[PDB]
Chemist: 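Handing you this structure, nothing more for now.
Nothing fancy with the numbering, it's 1 onward along the sequence. Hydrogens, waters and symmetry mates are skipped; everything else that's a heavy atom, side chains included, is used. Ligands are counted one by one from 1 in listed order, and the atoms in each one are counted from 1 as well.
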Amino acid sequence: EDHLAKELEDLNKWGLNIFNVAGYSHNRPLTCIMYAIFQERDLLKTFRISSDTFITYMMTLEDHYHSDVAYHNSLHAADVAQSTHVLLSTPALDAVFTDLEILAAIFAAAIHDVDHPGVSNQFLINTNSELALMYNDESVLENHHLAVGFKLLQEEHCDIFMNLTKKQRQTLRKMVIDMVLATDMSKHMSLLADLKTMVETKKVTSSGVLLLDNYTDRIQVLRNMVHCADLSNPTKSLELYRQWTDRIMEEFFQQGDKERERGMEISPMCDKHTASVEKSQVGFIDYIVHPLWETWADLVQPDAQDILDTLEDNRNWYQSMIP
Ligand SMILES: CCCc1nc(C)c2c(=O)nc(-c3cc(S(=O)(=O)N4CCN(CC)CC4)ccc3OCC)[nH]n12
Ligand SMILES: [Mg+2]
Ligand SMILES: [Zn+2]
């Protein structure tokens, strides 16, 4: 409708309000936003992806995100997808990626939490759940999001990559597995370290653009691009960030309550009777989100400064909410 088109004017912008597109699209923010991104970037025409097939697939994907999970639902997938879309347009990475690398990064963004049960890897491992027995305790959820994501391409009327060559499906697949497995938080300190090495030897050509020799370097930036996108919540406007914070904290406290009914040890932050939301956001930003984004800002100097300033204002806001 009208309100939806006005809200979509900010598609290429960090300030887009995905909460508002969710309301104007009959709660189909992922289908909605992915259709917009794919059209704007001409991915449908480029890869001969039928509009019909694409909607069918995105709708089914969207239905695999549980709407009863407070944070990890299709709204979150849509926010990560749209943030990734904005990140691929950083001036510093202009014309560096192939359309296939762009296709892969946004496709990964969309599936990266599909069928999330609302609990963490450590909870699934500690409760001997079926998926942890299946995946041998390694990146249990991430491996599953990928399995579910790719399993839905196995029906002609849903195969969005049908018209790619065999070579492009093989490459796109490698890239997506690699990007989604990189959203596993237990790999954060390893990724951030390799990204700080990427920055130290970073090269920028005469045109103000980064030089990525070959595939190893390009996929490194892409793994990090989607990792930051997945942790982009405290870098948005204080109004969006407070809503995201209330969601994630609802999920975490829900997990602590499950942990409590079983007699398991409750992690100091999922413990609703004690945990200070405010203090845990400030520790989240200081020890994890700011180091990641400060490093991303260095790689893309100066395109991510506005994002760093917002981060430091949101942290400062949250810090002022504790006596
Ligand atoms: C206090 C909530 C902090 C918070 N706010 C936001 C917006 C987010 C967010 O997007 N993602 C993360 C987030 C943070 C961690 S963690 O490293 O901080 N950590 C969680 C707590 N446990 C058990 C005690 C140890 C590991 C793990 C997973 C997370 O979700 C990302 C998929 N946390 N987060
Ligand atoms: Mg995840
Ligand atoms: Zn996520």
Chemist: What would the PDB label the drug at ligand 1?
Modeler: vardenafil
Chemist: Of all chains in the model, which has more heavy-atom pairs under 4.5 Å to vardenafil than the rest, named as UniProt has it?
Modeler: 3',5'-cyclic-AMP phosphodiesterase 4B
Chemist: I'm comparing vardenafil with the natural ligand. Which residues that UniProt lists as binding Zn(2+) in chain A have a heavy atom under 4.0 Å from the drug?
Modeler: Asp230
Chemist: Mind checking whether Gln281 has an N or O less than 3.5 Å away from an N or O of vardenafil?
Modeler: yes
Chemist: How does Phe284 reach vardenafil, if at all, at less than 4.0 Å between non-hydrogen atoms: by side chain, backbone, both, or neither?
Modeler: side chain
Chemist: Less than 4.0 Å from atom 8 (C) of vardenafil, is there any heavy atom belonging to the protein?
Modeler: yes
Chemist: How does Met249 reach vardenafil, by side chain, by backbone, by both or by neither, if only non-hydrogen atoms under 4.0 Å count?
Modeler: side chain
Chemist: Would you look at chain A and tell me which UniProt active-site residue is nearest vardenafil? The heavy-atom distance to 1 Å is enough.
Modeler: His72, 4 Å
Chemist: Using distance alone, determine whether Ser280 and vardenafil share an N or O pair under 3.5 Å.
Modeler: no
Chemist: Within the structure, is a non-hydrogen atom of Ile248 found at a distance of less than 4.0 Å from vardenafil?
Modeler: yes
Chemist: Quick check on contacts: which atoms of vardenafil are under 4.0 angstrom from a heavy atom of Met269?
Modeler: 1 (C), 21 (C)
Chemist: At less than 4.0 angstrom from any non-hydrogen atom of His72, what atoms of vardenafil do you find?
Modeler: 32 (C)
Chemist: State the UniProt domain of chain A containing the majority of residues contacting vardenafil.
Modeler: PDEase
Chemist: OK, so UniProt lists some AMP-binding residues in chain A. Which of them have a heavy atom under 4.0 Å from vardenafil?
Modeler: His72, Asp230, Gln281, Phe284
Chemist: Would you check whether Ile288 reaches within less than 4.0 Å of vardenafil, judged by its heavy atoms?
Modeler: yes
Chemist: Give the numbers and elements of all vardenafil atoms closer than 4.0 Å to a heavy atom of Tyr71.
Modeler: 10 (O)
Chemist: State the binding site of vardenafil (non-hydrogen atoms, cut-off 4.0 Å).
Modeler: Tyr71, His72, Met185, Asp230, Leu231, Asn233, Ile248, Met249, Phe252, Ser267, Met269, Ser280, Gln281, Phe284, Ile288
Chemist: Mind listing the N or O contacts between vardenafil and protein, cut-off under 3.5 Å?
Modeler:
| unit_1 | atom_1 | unit_2 | atom_2 | d |
| --- | --- | --- | --- | --- |
| vardenafil | 5 (N) | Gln281 | OE1 | 3.3 |
| vardenafil | 5 (N) | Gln281 | NE2 | 2.8 |
| vardenafil | 10 (O) | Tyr71 | OH | 3.2 |

